[PDB]
Amino acid sequence: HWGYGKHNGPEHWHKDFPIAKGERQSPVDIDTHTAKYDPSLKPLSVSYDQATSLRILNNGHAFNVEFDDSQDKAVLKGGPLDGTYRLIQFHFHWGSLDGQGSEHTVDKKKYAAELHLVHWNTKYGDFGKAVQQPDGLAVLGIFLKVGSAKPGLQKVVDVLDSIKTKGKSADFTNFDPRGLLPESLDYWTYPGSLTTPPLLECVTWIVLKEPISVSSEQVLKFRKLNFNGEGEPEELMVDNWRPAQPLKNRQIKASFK
Ligand SMILES: CC(=O)Nc1nnc(S(N)(=O)=O)s1
Ligand SMILES: [Zn+2]
């Protein structure tokens, strides 16, 4: 019964998922002055030309856009990664106000939302096996700030009305995720976890330095979604973000000076 409420929120998760108090939990605050520039880090290789989106679903916590990951169609390579990682889904995290919504923070600064592009290491055969490994997933995090509209995001925004409640899904084909990327691919990277239960510590996080801009109207439509299922009391899907966790024995590395 976990969620983002006062009676089932992040502060409570540890009761069902003890790893919540683990050594490599996410998200975290990225202190730009203590981050270490690593010249050995290679540029990111994002190959989304052949991406095949299939649907969009409201899972009661966020909305996910799912892709066909039965072959190497949309993959992430390079950067701090060893091997090929396939894109399986993307989702966002957002707030009830423009001043909050992101999971990671930069020098304590919070963004309006955060986009997560989830990929799994193909050496493990399937997603379920990948999450059990320390190098099983790679999540690309992109911050969203409110300003000018993002044309490439409008297609997602327009279909939200069709998946307002938990459990609803809609066909969502031919969506090109390349339209959601910023101009630069400079990033920070650190070993972490999933930010929602089971909170497994199987993620190599890659957080882009350059945020993308979205309009107030676009983010407002995110806030119209529901955590609840149809026929149940309406609870607006807002503030579905986990606060920063202690860095502990970890070092954040930057690909840029
Ligand atoms: C099936 C799946 O993708 N689960 C995830 N759980 N948490 C994720 S996150 N918030 O770290 O990107 S992805
Ligand atoms: Zn996420």
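Residue numbering for chain A follows the PDB entry; the residues present correspond to positions 4-125, 127-261, in that order. In what follows, every heavy atom counts, from backbone to side chain, and hydrogens, waters and symmetry copies are set aside. Every number for a ligand or one of its atoms is a count from 1 in the order of the listing.
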Can you tell me what they call the drug at ligand 1? acetazolamide
Name in the PDB entry of the chain with the most heavy-atom contacts to acetazolamide (ligand 1)? Carbonic anhydrase 2
Using heavy atoms only, pick out the UniProt active-site residue of chain A nearest to acetazolamide (ligand 1) and give the distance to 1 Å. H64, 9 Å
What residue and atom, counting heavy atoms only, is the protein's closest point to atom 3 (O) of acetazolamide (ligand 1), and at what distance? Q92 NE2, 3.1 Å
Looking only at protein heavy atoms, identify the closest one to atom 2 (C) of acetazolamide (ligand 1) and say how far it is in Å. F131 CZ, 3.6 Å
Nearest non-hydrogen contact with atom 8 (C) of acetazolamide (ligand 1) belongs to which option: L198, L204, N67, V207? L198
I need the atoms of acetazolamide (ligand 1) closer than 4.0 Å to a non-hydrogen atom of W209, numbered in the order shown. 11 (O)
Okay, next thing: UniProt's Zn(2+)-binding residues in chain A - which of them have a heavy atom under 4.0 Å from acetazolamide (ligand 1)? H94, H96, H119
Min heavy-atom dist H94 to acetazolamide (ligand 1) below 4.0 Å: yes
Any idea which UniProt domain of chain A makes up most of the interface with acetazolamide (ligand 1)? Alpha-carbonic anhydrase
Give the residue and atom name of whichever protein heavy atom lies nearest to atom 7 (N) of acetazolamide (ligand 1), and the separation in Å to one decimal. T200 OG1, 3.2 Å
Which residues that bind substrate according to UniProt in chain A have at least one heavy atom within 4.0 Å of acetazolamide (ligand 1)? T199, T200
Minimum-distance protein heavy atom relative to atom 11 (O) of acetazolamide (ligand 1): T199 N, 3.0 Å
Which other ligands or ions lie close to acetazolamide (ligand 1), meaning under 4.0 Å away? ligand 2 (zinc ion)
Find all residues with any heavy atom less than 4.0 Å from an atom of acetazolamide (ligand 1). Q92, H94, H96, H119, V121, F131, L198, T199, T200, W209
